[PDB]
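Lab note: Cyclin-dependent kinase 6, ribociclib bound.
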Amino acid sequence: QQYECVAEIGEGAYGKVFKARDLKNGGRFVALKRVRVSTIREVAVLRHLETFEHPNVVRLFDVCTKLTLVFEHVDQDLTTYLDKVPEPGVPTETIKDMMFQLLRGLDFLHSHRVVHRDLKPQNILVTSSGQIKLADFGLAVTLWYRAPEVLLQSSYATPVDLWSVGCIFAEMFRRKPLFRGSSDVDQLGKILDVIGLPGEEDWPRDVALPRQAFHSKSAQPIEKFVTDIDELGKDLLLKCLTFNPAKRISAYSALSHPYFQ
Ligand SMILES: CN(C)C(=O)c1cc2cnc(Nc3ccc(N4CCNCC4)cn3)nc2n1C1CCCC1
């Protein structure tokens, strides 16, 4: 066979992913994923996205006839990069650059009508040369990066990923997740303890959870939780971690933010 499986990547409720030797292409490493039996549509969206070969999205090499997906392989995810970084942590300009690359791939995906929906450091790939690549999106548990509207079961638009990006931004400074909740209700609580209770006008209509189920008074200063963050990074982090997804910054606006002057 064209590929020899060597290891399992992780273990996800999306199916098994293998690290494999690409016997025909110089024995390079590839990430192999099998699909079972709108799905045809998703694969076409993925192949179409690959035509652009955006630098900040994982390369798709092949699609084999039930259906097997061949991607490039990258050694580390953001998790293992933040776990191995020497003290006191990640250089200020390394965080800036990585965040710019994250928003570049995100704006590319959003402008092509793709919502990641499950952005976390575990699916952000960090290349040998320091390139950030978005992976594991566009195909049909940790709530630590889950947006408030997903938690509330109301909307699932592109702002969902900007909340996730804000959580990752903070975690790049802290090297620990900003909101380590254990359930959707807990997660939403841990969030409102930091950002404060939103205006009744910012609370989604016809959701199970009312605003009155929480009493997380005022917004605590974010510098308490994210120590070492500059004033400009604080503006971008607040704009990402905005309650109302309509009021949330977009990936396109974030790319222009003074933080990246
Ligand atoms: C397969 N699909 C659809 C993809 O988009 C895809 C293309 C990929 C290319 N290289 C990796 N590398 C990689 C990523 C995470 C981890 N870790 C796992 C957690 N513990 C630490 C080590 C280890 N190696 N993963 C890829 N993925 C996915 C991203 C999430 C897993 C599979």
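Residues 11-47, 57-84, 93-167, 181-301, in that order, are what chain A shows, numbered as in the PDB entry. Computation of the quantities below employed the complete heavy-atom set of this structure, encompassing side-chain atoms and omitting hydrogens, waters and symmetry-equivalent molecules. Atoms within each ligand, like the ligands themselves, are counted from 1 in listed order.
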- Query: What do you reckon, does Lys160 put a non-hydrogen atom under 4.0 Å from ribociclib (ligand 1)?
  - Reply: no
- Query: How does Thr106 reach ribociclib (ligand 1), by side chain, by backbone, by both or by neither, if only non-hydrogen atoms under 4.0 Å count?
  - Reply: neither
- Item | Polar contact flag for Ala41 and ribociclib (ligand 1) (N/O pairs, less than 3.5 Å) | no
- Task: Write down the UniProt domain of chain A that holds most residues touching ribociclib (ligand 1).
- Result: Protein kinase
- Query: So is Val77 in contact with ribociclib (ligand 1), going by heavy-atom distances below 4.0 Å?
  - Reply: yes
- Report, in ascending order of atom number, the atoms of ribociclib (ligand 1) lying under 4.0 Å from any heavy atom of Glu99. 9 (C)
- Message: Within the 4.0 Å heavy-atom shell around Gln149, which atoms of ribociclib (ligand 1) are there?
- Response: 15 (C), 30 (C)
- Message: Help me out: which active-site residue from UniProt for chain A lies closest to ribociclib (ligand 1), and what's the least heavy-atom distance to 1 Å?
- Response: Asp145, 8 Å
- Numbering as shown, the atoms of ribociclib (ligand 1) that approach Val101 to under 4.0 Å (heavy-atom distance): 9 (C), 10 (N), 11 (C), 12 (N), 13 (C), 24 (N)
- What is the listed source organism of chain A in the PDB? Homo sapiens
- ribociclib (ligand 1) contact on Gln103 by region, counting heavy-atom pairs under 4.0 Å: neither
- Should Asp163 be counted as touching ribociclib (ligand 1), given the test is an N or O pair under 3.5 Å? yes
- Message: Could you help me figure out which residues touch ribociclib (ligand 1) at a heavy-atom cut-off of 4.0 Å?
- Response: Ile19, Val27, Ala41, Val77, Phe98, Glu99, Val101, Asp104, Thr107, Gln149, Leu152, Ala162, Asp163
